[PDB]
Enquirer: 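For reference, this is Probable starch synthase 4, chloroplastic/amyloplastic solved together with acarbose.
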Amino acid sequence: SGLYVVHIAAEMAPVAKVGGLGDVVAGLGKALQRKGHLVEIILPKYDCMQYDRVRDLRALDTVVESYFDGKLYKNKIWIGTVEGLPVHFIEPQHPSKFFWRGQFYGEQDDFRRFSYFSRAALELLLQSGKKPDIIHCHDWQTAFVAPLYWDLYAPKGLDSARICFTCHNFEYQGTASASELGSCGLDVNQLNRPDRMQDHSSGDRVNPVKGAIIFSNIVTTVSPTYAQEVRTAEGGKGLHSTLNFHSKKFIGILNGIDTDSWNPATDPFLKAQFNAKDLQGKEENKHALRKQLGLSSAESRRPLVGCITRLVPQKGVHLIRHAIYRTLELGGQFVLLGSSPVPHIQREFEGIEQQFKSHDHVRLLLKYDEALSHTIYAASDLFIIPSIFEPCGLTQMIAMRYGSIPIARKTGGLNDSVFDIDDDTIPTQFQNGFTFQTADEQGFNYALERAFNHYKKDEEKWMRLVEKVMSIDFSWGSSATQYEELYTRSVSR
Ligand SMILES: C[C@H]1O[C@H](O[C@H]2[C@H](O)[C@@H](O)[C@@H](O[C@H]3[C@H](O)[C@@H](O)[C@@H](O)O[C@@H]3CO)O[C@@H]2CO)[C@H](O)[C@@H](O)[C@@H]1N[C@H]1C=C(CO)[C@@H](O)[C@H](O)[C@H]1O
Ligand SMILES: Nc1ncnc2c1ncn2[C@@H]1O[C@H](COP(=O)(O)OP(=O)(O)O)[C@@H](O)[C@H]1O
Ligand SMILES: OC[C@H]1O[C@H](O[C@H]2[C@H](O)[C@@H](O)[C@@H](O)O[C@@H]2CO)[C@H](O)[C@@H](O)[C@@H]1O
């Protein structure tokens, strides 16, 4: 009655996490495991992995030889249990030291790093005689699995599985010169054709995500609205034509969040616990965070605006910058937790931070910090996501789970999860926050103004909004069932 489902990905929360992809792999993984499926995950063994939620971590005695550049290479296989999921971590013994770089992403040879991993992952499956019903791969890094499976593993004895591919951001396609596709074992001449993996915008380049759209039996992305956006020329980023052709098997499914990990009632990272029925502990976290950061608590009813994000153009960094000053102008406080891989963006925020070193109302925390994010979601009254585009976004869901009311731009997943309380056309049950259309200060200001007005003018009306938003189901229940139905329908076919 239950499927055997393997997920191959570059991330899994909390052990190897950069953003939402890692969150999703774990969250969907666990939801599927509750539904009775044998779920297993295959990751790289990064040197920079987070050890502390890994149980029973051990190196197996079986070495697994894997192909790359015409030679076979040794891989140490590790197993462990990460939040009840079985995980296989691949440690390559290739002289280039692919997962020994101090970093998850951003090396000059990422293409080689993750195409190797993709090959070795399938090799691990073959060599253990595993016969999965579903192999689910994620983003460009493991897009290589789809053509690899069909070209080299279905005709070697591994022909049990259907392939599912999720793209969590179609911006990242993994494009490179065609020469580089041959490293993992794929036939360049066969696959560098317009009906296969040749890029949309060049002749001697290949496109991993395009290959995964073509070769997979199921293709998803992470919200219904984003799925529509990427079918248009302007949002598709070259791939719109391919997605329109293969539309029958392409569907957008709104991510959930892991509501066991993200739960104010049992969150171990918090000072005080709380829930929809008792917000006592929310005010206590607001006070604790102020005290930890050196923000003023002299006034009651000063709204704390939080923002937790990677600082990259996608997230509307000019609007985030503006929001700091506007929040302050409007008589609120602001806490930013974020860092940028882009130095000019890091430098711009570093300047703002110094400006507010020990200010009573503004603190900027320019770093990745898990513990702190928990207390920021808990403490904050308002949470901003003014994204230029957003495939899904999880932070707005986590914020609402912790009672913080979102202010979001109407785009991609935010359009499917955030609904303005002042728009009459929206049914009352969905209304949970504040939105704006245009990506400029004027648009953002009107949403922020209304949110500050609502917070200040009627405390008990506001408290109902918090209660209501905290009672919304953000779990994977609903969306895990949609993935399950795609899996079963493909297996039967
Ligand atoms: C958070 C984000 O993580 C992943 O994105 C990473 C890329 O996959 C990496 O390759 C790397 O991007 C570099 C490019 O490859 C390189 O060519 C150059 O353009 O520089 C880039 C930046 O160094 O780094 C990216 C992260 O910085 C993942 O693929 C992406 O999907 C993730 N974000 C989405 C995930 C979810 C979860 O479903 C959605 O909710 C969010 O809306 C997405 O934003
Ligand atoms: N600076 C940071 N410190 C701690 N957690 C962060 C930071 N930036 C982002 N996160 C976390 O990463 C995840 C972001 O996922 P998502 O909203 O899908 O955006 P993206 O995938 O583009 O980063 C959330 O769990 C969020 O709390
Ligand atoms: O090999 C070329 C071919 O690969 C994929 O074909 C799969 C197909 O998707 C599965 O349903 C099943 O029939 O196995 C096939 C492997 O040969 C792509 O789907 C197809 O478009 C591509 O050209």
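In chain A, numbers come from the PDB entry; the residues present are 23-515, in order. Both ligands and their constituent atoms are indexed starting at 1 by order of listing. Any value given below was found using the heavy atoms of this structure, including those in side chains, with hydrogens, waters and symmetry copies removed.
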Enquirer: Which ligands, or which chains, stand for acarbose?
Expert: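 Check ligand 1.
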Enquirer: Do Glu412 and acarbose (ligand 1) have an N or O pair less than 3.5 Å apart?
Expert: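 Between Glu412 and acarbose (ligand 1) (N or O atoms, distance only) the closest approach is under 3.5 Å.
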Enquirer: Output yes when the distance from some N or O of acarbose (ligand 1) to some N or O of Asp132 is under 3.5 Å, and no in every other case.
Expert: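 N/O-N/O distance below 3.5 Å does not exist for this pair.
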Enquirer: Can you tell me the protein heavy atom closest to atom 29 (O) of acarbose (ligand 1) and the distance?
Expert: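 Sorting protein heavy atoms by distance from atom 29 (O) of acarbose (ligand 1) puts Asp161 OD2, 2.4 Å first.
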Enquirer: Looking at acarbose (ligand 1), would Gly415 count as a contact under a 4.0 Å heavy-atom criterion?
Expert: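 Within the 4.0 Å threshold, so yes.
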Enquirer: Just want to see if acarbose (ligand 1) lands near the annotated pocket: which residues UniProt lists as binding ADP in chain A have a heavy atom under 4.0 Å from it?
Expert: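 From UniProt's list, the heavy-atom cut-off leaves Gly42, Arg332.
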Enquirer: For chain A, which UniProt (1,4-alpha-D-glucosyl)n-binding residues keep a heavy atom less than 4.0 Å from acarbose (ligand 1)?
Expert: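 UniProt binders with a heavy atom in range: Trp162, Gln163.
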Enquirer: Determine, using heavy atoms of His160 and all atoms of acarbose (ligand 1), whether some pair is separated by less than 4.0 Å.
Expert: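 Per 4.0 Å heavy-atom rule, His160 does not contact acarbose (ligand 1).
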Enquirer: Any idea which part of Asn191 is under 4.0 Å from acarbose (ligand 1), heavy-atom wise: side chain, backbone, both or neither?
Expert: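 It is both backbone and side chain that touch acarbose (ligand 1).
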Enquirer: Looking only at protein heavy atoms, identify the closest one to atom 12 (O) of acarbose (ligand 1) and say how far it is in Å.
Expert: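 Heavy-atom neighbour on the protein nearest atom 12 (O) of acarbose (ligand 1): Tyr194 CE2, 3.9 Å.
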Enquirer: What makes up the binding site of acarbose (ligand 1) if contacts are defined by heavy atoms under 4.0 Å?
Expert: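 At that heavy-atom cut-off, the site is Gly41, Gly42, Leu43, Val46, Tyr127, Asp161, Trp162, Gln163, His190, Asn191, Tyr194, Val244, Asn277, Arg332, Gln336, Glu412, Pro413, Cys414, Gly415.
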